[PDB]
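Everything below concerns the one structure shown next.
Counting from 1, the numbers follow the sequence of the chain as shown. Just so you know, ligand 1 is whichever comes first in the structure, and atom 1 is the first atom listed for that ligand. These numbers come from the heavy atoms of this one structure, side chains and all, not from hydrogens, waters or symmetry mates.
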Amino acid sequence: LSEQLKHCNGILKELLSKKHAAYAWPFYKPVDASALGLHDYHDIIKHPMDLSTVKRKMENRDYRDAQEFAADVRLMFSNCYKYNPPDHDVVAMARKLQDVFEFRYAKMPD
Ligand SMILES: CC[C@@H]1C(=O)N(C)c2cnc(Nc3ccc(C(=O)NC4CCN(C)CC4)cc3OC)nc2N1C1CCCC1
Ligand SMILES: [Cl-]
């Protein structure tokens, strides 16, 4: 991994770590819409994303640069902001995890 992608990998490891789990857990794995009874989820969300998919993409060297990684993490949060009412607990969790992400992403070496 390039130096910028090492930083992205560090962020990802942090987002998956036990100290953020109280608000990160909804983002760990792909939404199982049928299991949750959300039969409109895949009509509304065209491009699902979650942290385990980001991790697999990192491991497989799919991301060619930090921008492509950031776009996927942000897509995950946007899906949450699109599907759920803005006062939902899951949205509050997203906002908190996105705060973790954006502040550390901004420290990217360059
Ligand atoms: C996809 C919509 C939105 C979102 O954006 N993401 C990312 C999401 C990701 N993961 C979840 N996951 C779970 C969400 C609720 C429950 C749950 O409450 N289960 C009960 C627990 C106690 N038991 C006696 C009966 C069942 C379990 C979940 O997975 C473990 N929910 C998400 N939500 C929420 C889904 C509907 C409201 C918002
Ligand atoms: Cl972006």
What would the PDB call the drug seen at ligand 1?
BI 2536
Write down the macromolecule with more contacts to BI 2536 than any other chain, named per UniProt.
Bromodomain-containing protein 2
How far is atom 16 (C) of BI 2536 from its nearest protein heavy atom, and which residue and atom name does that atom have?
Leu36 CD2, 4.4 Å
Against BI 2536, which UniProt domain of chain A provides the most contacting residues?
Bromo 2
How far is atom 32 (C) of BI 2536 from the closest protein heavy atom, and which atom is that?
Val90 CG2, 4.2 Å
Report the source organism for chain A from the entry.
Homo sapiens
Give the residue and atom name of whichever protein heavy atom lies nearest to atom 12 (N) of BI 2536, and the separation in Å to one decimal.
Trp25 CZ3, 3.7 Å
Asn84 N/O to BI 2536 N/O under 3.5 Å
yes
Do you see a protein non-hydrogen atom under 4.0 Å from atom 24 (C) of BI 2536?
no
Can you check whether a protein heavy atom sits less than 4.0 angstrom from atom 37 (C) of BI 2536?
yes
Counting from 1, what BI 2536 atoms have a heavy atom of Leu38 closer than 4.0 Å?
1 (C), 2 (C), 35 (C)
Counting heavy atoms only, which of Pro48, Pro26, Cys80, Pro85 comes nearest to atom 10 (N) of BI 2536?
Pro26
Measure from atom 18 (O) of BI 2536 to the protein's non-hydrogen atoms and state whether any distance is below 4.0 Å.
no
Which other ligands or ions in this structure are less than 4.0 Å from BI 2536?
none
I'm curious which residues sit within 4.0 Å of BI 2536, going by heavy atoms - can you tell me?
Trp25, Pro26, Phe27, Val31, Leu36, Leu38, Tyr41, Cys80, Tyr83, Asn84, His88, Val90
